[PDB]
Amino acid sequence: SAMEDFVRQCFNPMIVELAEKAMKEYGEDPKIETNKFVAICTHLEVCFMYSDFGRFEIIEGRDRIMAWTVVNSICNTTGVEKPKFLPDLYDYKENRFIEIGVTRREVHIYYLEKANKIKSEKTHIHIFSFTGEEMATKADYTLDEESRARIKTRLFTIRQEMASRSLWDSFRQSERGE
Ligand SMILES: O=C1c2c(O)c(=O)ccn2N([C@@H]2c3ccccc3SCc3c2ccc(F)c3F)[C@@H]2COCCN12
Ligand SMILES: [Mn+2]
Ligand SMILES: [Mn+2]
C-alpha cells in the first residue's frame with residue numbers, strides 16, 4: 001500500500017512504532033487500516049509538538065497503565081478532577097487536561113463531536129485542521145501563535161505530501177463513516 005510506505009517515509013520511527021503499538025492495543029492492523037495508521041501518526045506528532053511547545057505533560061503515546069499512572073499523579077498533586085477518558089496532555093500553567101483533535105473535516109463539526117463525547121467542561125479541547133483552521137474551548141488556544149503556526153505548517157505539509165502521492169482524497173473520506 002502506498003499509504004503505509006508514505007507513513008514510514010514521512011514519520012519518525014519512534015512515532016510509527018508508537019502508532020503501531022496503539023493500533024495493536026485496539027486490535028487494528030496498520031496494513032489494512034492504513035489511513036487510520038497515518039491519522040494516528042499525525043495526531044501523535046501534533047501532541048508531541050504541542051507538549052514541547054512549553055509546561056505540558058504528555059499523556060498520549062504511552063500505554064494505558066503508565067498513562068493513567070501519570071493522570072492520577074497529576075490529580076493527586078494538583079487536585080484537578082480525574083478525567084473520564086484518557087486525555088492527550090496536561091497543562092501545568094492553566095492546570096487543566098487537554099484533548100487534541102486533528103481533522104480532515106470542518107473543525108466545528110469535530111469540536112462538537114469531541115465535546116459531546118467527553119461531556120466534561122473541565123477538559124480543554126483544541127481542534128486542528130490540515131489547512132490552518134483551529135477551534136479551541138472558549139477560544140483559549142493555550143499556545144502562543146508561533147507554536148500553533150509550527151503545528152499548522154506540519155499538518156498542511158502532511159496533507160500536501162499525501163496529495164503529491166494521490167493519497168489525500170482517500171485519507172479525507174476515511175475520517176467519517178457513511
Ligand atoms: O486517544 C485516542 C484518540 C484521540 O486522543 C483522538 O484525538 C482521536 C481518536 N482517538 N482514538 C484513537 C486515535 C488517535 C489518533 C487518530 C485517530 C485515532 S482513531 C481510533 C483509534 C485510536 C487509537 C488506536 C486505534 F487502533 C484506533 F482505532 C481512540 C479513541 O479512544 C481510545 C484511544 N483513542
Ligand atoms: Mn488521545
Ligand atoms: Mn486526541
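Heads up: numbering here begins at 1 and tracks the sequence. Order of listing sets the numbers, starting from 1, for every ligand and every atom in it. Side chains included, hydrogens not; waters and symmetry mates left out as well; all remaining heavy atoms used.
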Mind telling me what drug shows up at ligand 1?
baloxavir
Look up in the PDB entry the name of the chain with the most contacts to baloxavir (ligand 1).
Polymerase acidic protein
UniProt active-site residue nearest baloxavir (ligand 1) in chain A, with non-hydrogen distance
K114, 3 Å
Under 4.0 Å from atom 7 (O) of baloxavir (ligand 1), do we find at least one protein heavy atom?
yes
Is there a heavy atom of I40 sitting under 4.0 angstrom from any atom of baloxavir (ligand 1)?
yes
Could you check whether atom 29 (C) of baloxavir (ligand 1) has a protein contact, counting only heavy atoms that fall below 4.0 angstrom?
no
What organism is named as the source of chain A in the metadata of the entry?
Influenza A virus (A/California/04/2009(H1N1))
If the cut-off is 4.0 Å to any non-hydrogen atom of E60, which atoms of baloxavir (ligand 1) fall inside it?
1 (O), 5 (O)
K114 contact mode with baloxavir (ligand 1) (heavy-atom cut-off under 4.0 Å):
side chain
Is baloxavir (ligand 1) close to any UniProt-listed Mn(2+)-binding residue of chain A, that is, with a heavy atom under 4.0 Å, and which ones?
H43, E60, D88, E99, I100
How does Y110 reach baloxavir (ligand 1), by side chain, by backbone, by both or by neither, if only non-hydrogen atoms under 4.0 Å count?
side chain
Considering distance alone, does some N or O of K36 sit under 3.5 Å from an N or O of baloxavir (ligand 1)?
no
Which other ligands and ions fall below a cut-off of 4.0 Å from baloxavir (ligand 1)?
ligand 2 (manganese (II) ion), ligand 3 (manganese (II) ion)
Using a heavy-atom cut-off of under 4.0 Å, does the side chain or the backbone of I100 touch baloxavir (ligand 1), or both, or neither?
backbone
Show the atoms of baloxavir (ligand 1) that are less than 4.0 angstrom away from any heavy atom in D88.
5 (O)
Give, by chain and number, all residues and nucleotides of other chains with a heavy atom within 4.0 Å of baloxavir (ligand 1).
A22, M23, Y26, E28, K36, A39, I40, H43, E60, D88, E99, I100, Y110, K114
